[PDB]
Enquirer: 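There's a structure below that I have some questions on.
Along the sequence shown, residues carry numbers from 1. Recorded method is X-ray crystallography, 1.7 Å. Whatever order the structure lists ligands and atoms in, that order sets their numbers, starting from 1.
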Amino acid sequence: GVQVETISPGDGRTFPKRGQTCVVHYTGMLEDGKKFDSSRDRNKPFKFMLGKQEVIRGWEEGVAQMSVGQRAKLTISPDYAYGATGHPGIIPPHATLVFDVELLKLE
Ligand SMILES: CO[C@H]1C[C@@H]2CC[C@@H](C)[C@@](O)(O2)C(=O)C(=O)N2CCCC[C@H]2C(=O)O[C@H]([C@H](C)C[C@@H]2CC[C@@H](O)[C@H](OC)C2)CC(=O)[C@H](C)/C=C(\C)[C@@H](O)[C@@H](OC)C(=O)[C@H](C)C[C@H](C)/C=C/C=C/C=C/1C
């Protein structure tokens, strides 16, 4: 599944609702491997709508349990990421992913 380890705590009260836009900064890497993506490097936060199957399961369930201002290490097993197929040209089959995700605001 997805393990969530807090890097910095949020307010512990303001959690995303289903259908709400989450505004996040993230860095993604293969577990004990190469960094493949970082929204911080392009200086523009990433946005997705929760409960719309817009992102991988590990992100859906991981961000759902985070409060505003929280920064966490998400360790996402293959079944909650890109599984046996992988993501063409970037993520190989059976890849465990590690994301550093900070929940900046809700809109
Ligand atoms: C250039 O950068 C890419 C993202 C890259 C792709 C490759 C991966 C390594 C990665 O580097 O991100 C990455 O770090 C990663 O794994 N991500 C992105 C950060 C959130 C978690 C994860 C993810 O789920 O990506 C996502 C993953 C790759 C595919 C989805 C996985 C869940 C599954 O249910 C979806 O089926 C549909 C497909 C990509 C996204 O986060 C984007 C935003 C969402 C989609 C494309 C779909 O949800 C789509 O559905 C029609 C939409 O509703 C969108 C909003 C419609 C508009 C027009 C499309 C915008 C496309 C944006 C693409 C962006 C910014």
Enquirer: Choosing between rilzabrutinib, ivermectin, darapladib, rapamycin, which one is at ligand 1?
Expert: rapamycin
Enquirer: What macromolecule, as named in UniProt, provides the greatest number of contacts to rapamycin in this entry?
Expert: Peptidyl-prolyl cis-trans isomerase FKBP1A
Enquirer: What are the atoms of rapamycin, with element, lying closer than 4.0 Å to any heavy atom of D37?
Expert: 5 (C), 10 (C), 11 (O), 12 (O), 13 (C), 14 (O)
Enquirer: Could you tell me whether some N/O pair between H87 and rapamycin is separated by less than 3.5 angstrom?
Expert: no
Enquirer: Find the UniProt domain of chain A that dominates the interface with rapamycin.
Expert: PPIase FKBP-type
Enquirer: Which atoms of rapamycin sit under 4.0 Å from any heavy atom of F99?
Expert: 14 (O), 15 (C), 16 (O)
Enquirer: What is the organism of chain A, as given by the entry?
Expert: Homo sapiens
Enquirer: Check this for me - rapamycin, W59, N or O atoms closer than 3.5 angstrom, yes or no?
Expert: no
Enquirer: For rapamycin and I91, I'd like to know whether there is a polar contact (N/O to N/O, distance under 3.5 Å).
Expert: no
